[PDB]
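Contents of the following structure include minocycline.
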Amino acid sequence: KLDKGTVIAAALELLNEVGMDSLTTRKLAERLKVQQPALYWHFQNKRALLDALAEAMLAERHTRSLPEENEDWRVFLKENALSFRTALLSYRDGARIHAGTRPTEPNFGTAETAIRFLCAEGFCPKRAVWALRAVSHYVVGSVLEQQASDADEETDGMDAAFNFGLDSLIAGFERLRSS
Amino acid sequence: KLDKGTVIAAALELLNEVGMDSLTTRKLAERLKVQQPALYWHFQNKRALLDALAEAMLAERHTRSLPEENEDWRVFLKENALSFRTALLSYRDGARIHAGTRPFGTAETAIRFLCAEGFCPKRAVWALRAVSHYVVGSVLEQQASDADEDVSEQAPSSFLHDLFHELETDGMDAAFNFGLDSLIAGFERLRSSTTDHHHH
Ligand SMILES: CN(C)c1ccc(O)c2c1C[C@H]1C[C@H]3[C@H](N(C)C)C(O)=C(C(N)=O)C(=O)[C@@]3(O)C(O)=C1C2=O
Ligand SMILES: CN(C)c1ccc(O)c2c1C[C@H]1C[C@H]3[C@H](N(C)C)C(O)=C(C(N)=O)C(=O)[C@@]3(O)C(O)=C1C2=O
Ligand SMILES: [Cl-]
Ligand SMILES: [Mg+2]
Ligand SMILES: [Mg+2]
């Protein structure tokens, strides 16, 4: 009866209310109106659930995972970074939930497509990987800072700061794509 | 009664043992061998303590806060970023505790420095903030990865398997350095650009 899709859907809703710190097995089980073992069947620990949410957030919101036809690689990385940022900001503690996670089997497929697309535009395999990792780290760090300050007590400044750092990061890749 | 510096020192000590989540008022009072009211005298809540820890980490480990005499602004930003990274890496949940903290004298001094190196006041702010966000992001993911328990072994394709096997002879410093060098190389170009690079 209770499928993995329904659990994730209920968990993302509950996450936005309580946050990742207050999100527990009992709360999610009570929200789904099931006993804890039915939920434990899907996720044996909190980290396993948060990993599934991290994947779900991108699957739902992260629209620009892959390069489009006749898209400049600089435009792709900007749109990819903005799309990734939007996905983390869409849910409470999105950046902190994403932190430490390694790509899933599909994400490795999309990552390889990104790496090969950059390699075709003059990047060396190593500097393509570092560029994509550097962008993801920059976004996670920017979103964490935004979500951290919002949790406590100028968003125009964060938006302007993010866009300038992202454009700078891409402008830098142009020069340092290959030795 | 104990001074604010002694509580902060003891709190930094516990942080590296138990972590942010386990850093309770009981543990800190038991460590200092005092009653809990003694702690509440200095810090009314945990966020106030974590704000003090965030500053204390930089005061302790962050050595390159200001540029040296006749130091190139690009060299400063790299050494400043590496010094800031070192400070956050030296403490459990370092990047996580820093996140959300806002300035002030040293921050304003760094803005005026870049402002004298072909930056515009807004872009000087954005540049400094952007660097800190890249470092906070890099440290958070590394600290999260080390706390939550190989990338070459998971890779389903031969291309990624072989590539990650080579990148495991470079180190994590190589990856961070490239992103930092790219970020600063970007500033060098976009600091005096007439195009809008803070929108879209
Ligand atoms: C394969 N590859 C280079 C790695 C290796 C280790 C990693 O820890 C990661 C990657 C890929 C990058 C790609 C980036 C990509 N982007 C540059 C923002 C991205 O759009 C995605 C995505 N799901 O499309 C990521 O997963 C991503 O955020 C990510 O989480 C990564 C990531 O964490
Ligand atoms: C005024 N100014 C530009 C702001 C505004 C909002 C902010 O949220 C911040 C700054 C300064 C920047 C400076 C950077 C600096 N650097 C680029 C790494 C830095 O070295 C320091 C430092 N204490 O030396 C920071 O606090 C800093 O990491 C930081 O946390 C900042 C920060 O969080
Ligand atoms: Cl190389
Ligand atoms: Mg990631
Ligand atoms: Mg800061």
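The sequence lines are lettered as chains in the order written, beginning with A. All residue numbers given for chain A refer to the PDB entry; the residues shown span 3-155, 180-205 in order. Numbering, chain B: per the PDB entry, residues 3-105, 110-155, 162-212 in sequence. Each ligand, and each atom within it, is numbered from 1 in the order the structure gives. Any value given below was found using the heavy atoms of this structure, including those in side chains, with hydrogens, waters and symmetry copies removed.
- All copies of minocycline taken together correspond to ligands 1 and 2.
- The largest share of close contacts with minocycline (ligand 2) comes from the chain named in the PDB entry as Tetracycline repressor protein class G.
- Other chains with one or more heavy atoms under 4.0 Å from any atom of minocycline (ligand 2): B.
- When heavy-atom distances to minocycline (ligand 2) are checked against a 4.0 Å cut-off, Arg135(B) comes that close only through its side chain, counted from C-beta outward.
- Note on minocycline (ligand 2): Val131(B) sits in its first shell, one or more heavy atoms being nearer than 4.0 Å.
- Below 4.0 Å from some heavy atom of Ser67(B) lie the following atoms of minocycline (ligand 2), by number and element: 24 (O).
- Every atom of minocycline (ligand 2) with a heavy atom of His100(B) under 4.0 Å away is listed here by number and element: 30 (O).
- Remark: minimum distance from atom 33 (O) of minocycline (ligand 2) to any protein heavy atom is reached at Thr103(B) O, 4.0 Å.
- At the shortest separation from atom 27 (C) of minocycline (ligand 2) among protein heavy atoms lies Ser138(B) CB, 4.0 Å.
- Heavy-atom contacts of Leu60(B) reach the following atoms of minocycline (ligand 2): 23 (N) (cutoff under 4.0 Å).
- The presence of a protein heavy atom under 4.0 Å from atom 10 (C) of minocycline (ligand 2) is confirmed.
- Residue-ligand proximity: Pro105(B) is placed with a non-hydrogen atom under 4.0 Å from minocycline (ligand 2).
- Of the heavy atoms in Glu114(B), none comes closer than 4.0 Å to minocycline (ligand 2).
- Of the protein's non-hydrogen atoms, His64(B) NE2, 4.0 Å is the one closest to atom 21 (C) of minocycline (ligand 2).
- At a 4.0 Å heavy-atom cut-off, minocycline (ligand 2) does not touch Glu147(A) at all.
- Near minocycline (ligand 2) (under 4.0 Å), the structure shows the other ligands and ions ligand 5 (magnesium ion).
- Of all protein heavy atoms, the one lying nearest to atom 25 (C) of minocycline (ligand 2) is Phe86(B) CE1, 4.8 Å.
- Protein heavy atom at the shortest distance from atom 16 (N) of minocycline (ligand 2) is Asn82(B) OD1, 2.7 Å.
- Annotation for minocycline (ligand 2): atoms under 4.0 Å from non-hydrogen atoms of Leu134(B) are 17 (C).
- Taking a 4.0 Å cut-off on heavy atoms, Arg66(B) fails to register as neighbouring minocycline (ligand 2).
- Lab note: binding site of minocycline (ligand 2), heavy atoms under 4.0 Å, is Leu60(B), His64(B), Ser67(B), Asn82(B), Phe86(B), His100(B), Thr103(B), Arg104(B), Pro105(B), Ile117(B), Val131(B), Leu134(B), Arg135(B), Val137(B), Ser138(B).
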Write none if no such pair exists; otherwise list each N/O atom of minocycline (ligand 2) with its protein N/O partner under 3.5 Å and the distance.
{"unit_1": "minocycline (ligand 2)", "atom_1": "8 (O)", "unit_2": "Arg104(B)", "atom_2": "NE", "d": "2.9"}
{"unit_1": "minocycline (ligand 2)", "atom_1": "8 (O)", "unit_2": "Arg104(B)", "atom_2": "NH2", "d": "3.3"}
{"unit_1": "minocycline (ligand 2)", "atom_1": "16 (N)", "unit_2": "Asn82(B)", "atom_2": "OD1", "d": "2.7"}
{"unit_1": "minocycline (ligand 2)", "atom_1": "20 (O)", "unit_2": "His64(B)", "atom_2": "NE2", "d": "2.9"}
{"unit_1": "minocycline (ligand 2)", "atom_1": "20 (O)", "unit_2": "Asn82(B)", "atom_2": "OD1", "d": "3.0"}
{"unit_1": "minocycline (ligand 2)", "atom_1": "20 (O)", "unit_2": "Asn82(B)", "atom_2": "ND2", "d": "2.7"}
{"unit_1": "minocycline (ligand 2)", "atom_1": "24 (O)", "unit_2": "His64(B)", "atom_2": "NE2", "d": "3.0"}
{"unit_1": "minocycline (ligand 2)", "atom_1": "30 (O)", "unit_2": "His100(B)", "atom_2": "NE2", "d": "3.0"}

